[PDB]
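Below, a PDB structure including CNP520.
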Amino acid sequence: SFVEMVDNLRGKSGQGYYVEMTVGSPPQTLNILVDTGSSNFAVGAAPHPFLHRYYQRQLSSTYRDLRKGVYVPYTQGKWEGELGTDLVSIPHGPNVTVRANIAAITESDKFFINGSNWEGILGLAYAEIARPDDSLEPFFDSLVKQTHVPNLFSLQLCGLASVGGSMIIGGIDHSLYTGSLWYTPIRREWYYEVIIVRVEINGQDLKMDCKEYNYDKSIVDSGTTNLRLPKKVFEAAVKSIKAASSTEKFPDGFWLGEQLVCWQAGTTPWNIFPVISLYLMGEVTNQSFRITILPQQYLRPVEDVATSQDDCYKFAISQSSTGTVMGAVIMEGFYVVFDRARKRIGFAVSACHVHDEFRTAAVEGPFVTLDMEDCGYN
Ligand SMILES: C[C@@]1(c2nc(NC(=O)c3ncc(C(F)(F)F)cc3Cl)ccc2F)CO[C@@](C)(C(F)(F)F)C(N)=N1
């Protein structure tokens, strides 16, 4: 039941949200990062200083070796391993056991994070971006094929350092959001690719050709902390946020995410910072809806006992050369429905949210733009 799935996610702020899973027979319990930005189920399978436990294939009678290596290098770090299949279950997910592909990580460099409490990654995106290639069926594809679970999942990421949330597999739990769910089409089934049609900072349009917001794609990624923007959009956004917050001046390093800004505990001047709205393409021509975030979402607290006389924050909007990434900055405080069956992503205000007494994060619409331009970059 969905009620049994509520609060099945845990994590440390900015370290990743994870769900408990079991692999093998007899079952081995592991904490697994929920990642909508990748498509491999990859688990630590050898000792590592940052791993409390790991997958021991020799203890699983149901393990099957696929006799195929896999090497996956990312911008920061890389993982090498071996492919196989085994029985997998989600103790606080659907009441089912399925056979799924598993990449057993045997060597890695700067992939596992100290103190993150996760031992692998559940890539929830599509086969097109699976490694080594699209013939390696992702976990959610196997789950849907082998069971009667509907082809949809939803995430309620709720932003001390400990975080929580819910991953609801096979449905939408109405207790997790308020107001209406607004849907944007999935443009291509690879990443969860979407289209942004307008960006406003404190109600002021950035006034760019909308293709700039999607250069070269825009994705929804629970495996990325920041709201990451293409260079041109990022520079305009920083200029606009600086203009709104000009009563206080911060080091250049802050706007580049290289330095923290600190205030005496409880004194953060939230009202000098603007709201940011991303307008997403609707399901109907030239209609859109907006997602509006507050500074409590894009100025992320950095927990550190040593600086705890203050509240210290990192600016969580950053530049990208690979397109827009709607990471946790966007997802936390919203209930996000990955409706794979209908090729669409829904957004609603979450039951767990940031609102202070002046402003509230929102999901609202509809908005019309009679300008007929397609905002898709490719
Ligand atoms: C597979 C890959 C990947 N992701 C992570 N993620 C995290 O550790 C992480 N996750 C969520 C959050 C929070 F919840 F706070 F947002 C904070 C963190 Cl710090 C770690 C290793 C790794 F290889 C590739 O890199 C990206 C980012 C890719 F570049 F592909 F986008 C991705 N999506 N998945």
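All residue numbers in this chain count up from 1 along the given sequence. For the numbers below, each heavy atom of this structure counts, side chains included, while hydrogens, waters and symmetry mates do not. Whatever order the structure lists ligands and atoms in, that order sets their numbers, starting from 1.
- Most heavy-atom contacts to CNP520 in this structure come from the chain listed in UniProt as Beta-secretase 1.
- Most of the residues of chain A within contact distance of CNP520 belong to the UniProt domain Peptidase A1.
- Residue contacts with CNP520 include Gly14, since one or more of its heavy atoms lies under 4.0 Å from the ligand.
- In the deposit, the organism given as the source of chain A is Homo sapiens.
- One option in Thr225, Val329, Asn226 has a heavy atom closer to atom 13 (C) of CNP520 than any other, and that option is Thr225.
- Considering each of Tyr18, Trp79, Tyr17, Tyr74, the one bringing a non-hydrogen atom nearest atom 24 (C) of CNP520 is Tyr74.
- The closest approach between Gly77 and CNP520 stays at or above 4.0 Å for every heavy atom of the residue.
- Counting heavy atoms only, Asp221 comes closest to atom 31 (F) of CNP520 of the residues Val163, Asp35, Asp221.
- Within the structure, the closest approach of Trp118 to CNP520 falls below 4.0 Å when heavy atoms are considered.
- The residue-level binding site of CNP520 (heavy-atom cut-off 4.0 Å) is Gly14, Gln15, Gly16, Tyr17, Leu33, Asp35, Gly37, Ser38, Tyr74, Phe111, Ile113, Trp118, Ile121, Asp221, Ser222, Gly223, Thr224, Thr225, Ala328.
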Show me a pair-per-line table, with atom names and distances to 0.1 Å, of protein N or O atoms that are under 3.5 Å from an N or O of CNP520.
from: CNP520; atom 1: 6 (N); to: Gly223; atom 2: O; distance (Å): 3.0
from: CNP520; atom 1: 10 (N); to: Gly223; atom 2: O; distance (Å): 3.1
from: CNP520; atom 1: 33 (N); to: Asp35; atom 2: OD1; distance (Å): 2.9
from: CNP520; atom 1: 33 (N); to: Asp221; atom 2: OD1; distance (Å): 3.0
from: CNP520; atom 1: 33 (N); to: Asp221; atom 2: OD2; distance (Å): 2.9
from: CNP520; atom 1: 34 (N); to: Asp35; atom 2: OD2; distance (Å): 2.7

